[PDB]
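Snapshot of Bestatin at Putative glycyl aminopeptidase.
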Protein chains: 2
Amino acid sequence: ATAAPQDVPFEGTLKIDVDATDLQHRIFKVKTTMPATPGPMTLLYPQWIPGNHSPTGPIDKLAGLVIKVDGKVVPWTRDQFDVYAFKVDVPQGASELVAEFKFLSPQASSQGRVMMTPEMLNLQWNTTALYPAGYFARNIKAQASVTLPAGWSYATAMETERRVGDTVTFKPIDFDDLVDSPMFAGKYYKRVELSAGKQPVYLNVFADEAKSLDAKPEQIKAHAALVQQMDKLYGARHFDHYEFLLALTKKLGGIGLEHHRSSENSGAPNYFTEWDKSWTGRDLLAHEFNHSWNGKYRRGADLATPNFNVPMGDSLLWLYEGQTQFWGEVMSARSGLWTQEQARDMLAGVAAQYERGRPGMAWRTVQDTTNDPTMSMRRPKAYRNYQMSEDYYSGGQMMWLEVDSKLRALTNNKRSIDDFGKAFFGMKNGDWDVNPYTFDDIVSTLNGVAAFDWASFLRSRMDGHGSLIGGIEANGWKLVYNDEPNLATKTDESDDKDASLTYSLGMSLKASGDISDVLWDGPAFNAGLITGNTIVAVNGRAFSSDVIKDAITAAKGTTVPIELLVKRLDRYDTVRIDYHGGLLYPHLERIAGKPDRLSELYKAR
Amino acid sequence: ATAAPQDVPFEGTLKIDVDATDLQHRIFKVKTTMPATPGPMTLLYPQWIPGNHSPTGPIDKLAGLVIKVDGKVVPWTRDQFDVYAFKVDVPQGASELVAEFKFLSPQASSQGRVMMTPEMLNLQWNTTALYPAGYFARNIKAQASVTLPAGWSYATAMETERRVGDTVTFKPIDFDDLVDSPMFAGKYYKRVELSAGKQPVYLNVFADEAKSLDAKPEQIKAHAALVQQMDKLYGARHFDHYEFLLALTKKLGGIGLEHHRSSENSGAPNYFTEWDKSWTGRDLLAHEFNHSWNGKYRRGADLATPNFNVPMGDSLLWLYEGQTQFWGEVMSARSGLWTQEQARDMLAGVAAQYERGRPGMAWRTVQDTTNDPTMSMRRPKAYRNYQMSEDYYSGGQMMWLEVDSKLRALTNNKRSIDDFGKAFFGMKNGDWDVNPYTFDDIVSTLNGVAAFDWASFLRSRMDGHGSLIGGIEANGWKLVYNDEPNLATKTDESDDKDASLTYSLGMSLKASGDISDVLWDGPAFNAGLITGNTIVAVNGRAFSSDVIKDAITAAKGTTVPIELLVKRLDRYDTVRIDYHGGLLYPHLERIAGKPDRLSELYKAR
Ligand SMILES: CC(C)C[C@H](NC(=O)[C@@H](O)[C@H](N)Cc1ccccc1)C(=O)O
Ligand SMILES: CC(C)C[C@H](NC(=O)[C@@H](O)[C@H](N)Cc1ccccc1)C(=O)O
Ligand SMILES: [Zn+2]
Ligand SMILES: [Zn+2]
């Protein structure tokens with residue numbers, strides 16, 4: 001076992017030098033230099049990574065580790081009860097320890113998200129760092145450098161000291177901020193100012209091909225409007241400057257990861273060039289940006305750990321991620337990243353997910369899903385709808401919508417969730433240290449906006465099994481289903497011609513006919529169907545998405561079952577599904593006579 | 001978080017009832033009943049599973065959990081710092097707790113190994129169990145039952161009380177032995193006696209199709225000879241009876257998992273029907289059977305944990321798995337499961353793997369690979385040859401071969417590793433409780449066979465970076481390479497037309513030309529190639545395994561480089577490989593002047 005980290009000074013500087021030039025093998029070469037204290041010394045590879053809420057440190061990708069003290073090799077021994085901890089014996093009279101190793105980043109998605117391509121790379125300093133055990137991470141002064149592919153541009157919130165040729169030397173920085181200061185680099189780069197002033201915000205775009213960088217003025221303006229709308233909500237910025245990192249790519253592994261003064265984001269090459277086709281993911285930058293307030297600056301006390309190698313407590317992720325999921329979609333509408341119609345159909349899809357798409361809510365609480373990061377590490381699960389899957393995101397969002405609606409009702413619409421945002425995250429402009437909070441702090445700040453038993457309200461939703469969608473009705477709308485496609489579903493289905501049929505047949509299909517998801521206790525489930533089975537034919541006709549949708553519509557209101565020819569492994573059988581509700585996709589409709597608070601919430605300030 | 005398990009009596013019986021009939025959804029339905037006193041109670045889902053040496057308990061597949069005390073639901077709360085631990089409050093006057101849940105076994109291999117098919121199933125009791133925290137697992141008396149698909153046969157070492165219809169009630173058993181008593185069930189079943197007597201051994205075969213069960217007399221005899229050869233080695237059996245469980249299948253997930261009185265094994269449907277083609281995997285039953293002595297009965301003290309929810313120490317896996325890997329191959333030859341020529345070429349491949357196929361030994365020791373189970377959980381890695389990958393298996397095997405050769409050299413061939421086997425595992429016939437050992441015990445028993453500094457010998461090999469293949473030459477043979485295919489490689493290549501070129505071009509390829517492996521610092525590596533790249537053409541000719549092999553031979557002894565057309569993502573380039581050694585496959589050849597101890601080692605006793 002590794003001794004607990006202590007809030008004591010670390011003498012000297014942890015030097016971290018990274019060679020990021022072996023794009024072909026996708027290898028980051030690392031040298032870490034630090035003072036050596038005589039006696040046993042334990043070095044740690046970061047395990048629990050802020051923003052991942054789970055022990056995602058890729059320990060088995062650390063290879064070629066050789067440790068030398070004052071130029072002599074010393075053998076290392078891994079702690080079999082802490083496989084992220086390497087112990088060496090430092091001789092008496094020693095001065096300096098050097099550890100050299102390689103981070104073997106994924107050569108295919110099966111190994112994790114790809115971090116190197118022929119045109120760009122993603123350096124996450126936790127993957128290229130060893131640091132001494134026994135210290136709070138913030139007490140370790142670090143100084144990093146990286147050697148880039150020839151002539152590549154780079155971007156990071158971390159301040160550059162100098163670039164000599166292709167070796168970038170950064171100014172000293174605390175080790176926790178180093179891990180929190182990722183770098184993108186690439187040959188096709190555009191830097192766009194989103195906000196000038198004393199706390200400026202920039203957008204750093206890297207692409208597989210330069211043509212993807214052609215952001216149009218109104219599209220840049222929508223990102224600039226995001227910054228303005230966050231200013232209206234919070235009244236403060238928790239950074240001295242902010243660097244959006246955005247990779248437009250089909251080669252780099254997808255990412256959305258927040259930091260204090262930056263975020264790592266990926267989109268498709270058509271993020272800008274096909275604005276109307278790429279909209280469903282455009283809440284990404286709003287989401288990760290919001291975390292600078294909600295998650296990085298303010299963090300649950302059980303989540304704000306002293307180093308990267310003690311476990312994180314995720315109990316409050318329904319605020320961290322849940323309210324950020326909420327604000328990401330709201331701010332997308334307020335900024336023009338989304339249209340109001342797009343944002344409303346997205347919210348309808350969230351509401352339907354918890355009204356009808358989450359039968360696991362009968363036995364599992366949203367609170368318990370804050371354990372999903374460590375339980376599952378986002379590995380494949382058979383029934384996201386019944387096992388549940390990180391619903392502290394979207395279920396949390398629905399609770400925060402209801403919180404907004406209740407604040408309005410208590411105050412005759414003079415207060416809203418905007419007032420909680422300013423009160424809870426708006427203090428101490430410019431500070432980007434960690435300001436921890438507890439559950440009781442959430443309650444007290446809500447009670448300060450409008451007096452109410454908020455503790456019971458939050459517990460009843462997060463520890464309950466009942467409806468989470470009450471914020472829809474209270475804010476003047478109603479969740480409905482009809483045969484009109486949901487804007488998000490339609491965009492997500494089309495071009496590949498897939499078929500999302502969650503609320504009719506209780507399954508989703510690829511264009512090939514392969515079932516990609518099955519709703520627990522739904523019609524497909526009750527025919528014994530599982531993901532991976534194939535719908536070969538519908539009423540005798542070779543499967544297509546149009547064919548099965550037409551058959552569903554033809555069965556609406558009749559008593560003639562839909563006949564599905566199914567391939568299960570190497571067997572074929574025909575099932576008859578007595579489903580006659582037609583195609584059903586969620587939308588929101590106004591409740592006439594009630595105030596439309598929802599549109600006010602989603603309106604630009 | 002969770003209180004430590006104590007060696008104190010457990011009052012009552014843990015009843016575990018499993019319904020294994022939902023083959024379509026692949027769901028095991030579970031009811032666990034246990035004594036309960038009022039107040040706080042913590043229930044555990046097994047986490048660290050004996051024989052996996054890592055926390056493989058599938059916690060995220062436990063769904064639908066409802067806990068009732070005296071018929072009334074009690075809410076449960078998971079420990080966010082121990083996600084395998086469930087906490088409830090037991091009301092006053094209660095005597096009994098009932099927990100019901102479902103184990104959602106993998107619906108595809110991406111979720112883990114498949115455990116249900118239309119013809120067979122594999123029940124592992126740890127996946128269908130909750131048990132009270134605070135107790136040594138061996139102190140908990142359990143009693144299990146299972147409801148099978150209609151008419152299915154079953155086999156397990158656990159003794160049956162009665163079968164009523166399709167519900168099997170088992171006799172009470174200690175909870176640790178329950179977890180150690182898996183069950184196979186299926187519609188195509190054959191039971192074969194391998195040894196009669198007071199400690200009988202049976203082979204239980206389940207198949208996708210009945211024709212695969214047609215074991216011929218000489219093939220059954222080889223399995224009977226395996227039991228006889230183990231008797232000669234150890235002189236004792238650590239079980240009152242033993243049940244081989246063997247699944248001949250393309251649908252059940254592959255498995256080799258040892259137990260005290262049974263093992264879980266899978267083979268191809270042609271395990272018997274194409275005996276000469278399916279030979280490379282036939283050390284499986286010899287391997288897992290050997291674990292009844294080495295691993296189950298004798299186990300490292302740091303591995304022999306008190307329950308399933310504290311971490312296991314794997315430091316001695318180079319004995320547990322390493323010597324079992326050794327005996328699995330030796331016993332295949334001694335029993336006739338393998339021919340002597342097959343076993344020799346298999347050993348040649350192991351020797352070559354550490355002579356030339358493990359460049360990672362320059363920085364990592366075999367000892368450190370005992371941490372790979374927890375580090376990697378057998379997830380994909382880019383360079384098994386450089387990161388290393390559980391080399392305590394085959395590297396351990398090579399060390400034990402050298403131990404054998406050294407015992408012979410010290411004793412003028414009067415003692416061998418067979419004497420260590422009998423001395424270390426041959427005590428206490430009939431005993432199948434765990435008999436722990438430490439490193440010092442290994443040393444003392446070796447020293448008792450022949451006096452020598454065995455501690456330094458073992459450490460020099462397991463903590464070193466040098467050669468592990470010294471036992472080959474010491475026992476009278478020499479590792480050589482030539483263009484004659486290795487029998488194991490040829491069989492593993494055949495039918496699919498793959499190309500293993502580790503010792504020539506430093507890579508392996510599928511018939512498609514996709515690179516499946518790259519040797520660190522080898523020729524393919526030095527051309528920048530990675531797994532997933534595709535060799536499109538060789539000297540301009542469309543790739544095939546024969547085409548690239550012919551080109552390698554054509555380049556032998558010349559100065560004309562091999563031209564490879566390569567697809568890297570969406571780009572094509574041609575590389576010139578200056579490799580002129582020809583095809584090189586490992587074999588063993590006699591050193592004519594030296595005594596042939598290797599053949600003695602592999603000879604039937
Ligand atoms: C591309 C998007 C879907 C990315 C999105 N990212 C986020 O929500 C971030 O704010 C999360 N902090 C990223 C995260 C959370 C838990 C475990 C691993 C990674 C996510 O769901 O991971
Ligand atoms: C089919 C064969 C390859 C199976 C073989 N099984 C064994 O060696 C058993 O003795 C191991 N005890 C199985 C094992 C070890 C570590 C982690 C998971 C599972 C294995 O390598 O897993
Ligand atoms: Zn987030
Ligand atoms: Zn084994």
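Quick note on labels: first sequence line is chain A, next is B, and so on, each numbered from 1. Remember, it's 1-based here, ligands and their atoms both numbered in the order they're listed. The displayed model is a subset of the deposited entry, and contacts were enumerated within the subset.
- Bestatin, all copies counted: located at ligands 1 and 2.
- At a heavy-atom cut-off of 4.0 Å, the other chains in contact with Bestatin (ligand 2) are listed as B.
- Neighbouring residues of Bestatin (ligand 2) under 4.0 Å (non-hydrogen atoms) are B:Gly51, B:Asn52, B:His53, B:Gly256, B:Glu258, B:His287, B:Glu288, B:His291, B:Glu321, B:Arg378, B:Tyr393.
- Remark: minimum distance from atom 17 (C) of Bestatin (ligand 2) to any protein heavy atom is reached at B:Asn52 O, 3.3 Å.
- Interface of B:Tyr393 with Bestatin (ligand 2), defined as ligand atoms under 4.0 Å from a residue heavy atom, comprises 7 (C), 8 (O), 11 (C), 15 (C), 21 (O).
- Between B:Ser54 and Bestatin (ligand 2), not a single N/O pair is under 3.5 Å apart.
- The protein heavy-atom contact nearest to atom 6 (N) of Bestatin (ligand 2) is B:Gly256 O, 2.9 Å.
- Inside a radius of 4.0 Å around Bestatin (ligand 2), the other ligands and ions present are ligand 4 (zinc ion).
- Scanning all protein heavy atoms for the shortest distance to atom 14 (C) of Bestatin (ligand 2) gives B:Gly51 O, 3.2 Å.
- Contact annotation for atom 20 (C) of Bestatin (ligand 2): protein present (non-hydrogen atoms, distance under 4.0 Å).
- The protein non-hydrogen atom at the shortest distance from atom 2 (C) of Bestatin (ligand 2) is B:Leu284 CD1, 4.2 Å.
- Residue-ligand proximity, B:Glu258 to Bestatin (ligand 2), at heavy-atom distances under 4.0 Å covers atoms 9 (C), 10 (O), 11 (C), 12 (N).
- For Bestatin (ligand 2) and B:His291, the ligand atoms under 4.0 Å from any heavy atom of the residue are 10 (O).
- Of all protein heavy atoms, the one lying nearest to atom 10 (O) of Bestatin (ligand 2) is B:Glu288 OE1, 2.7 Å.
- Protein heavy atom closest to atom 22 (O) of Bestatin (ligand 2), with residue, atom name and distance, is B:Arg378 NH1, 2.5 Å.
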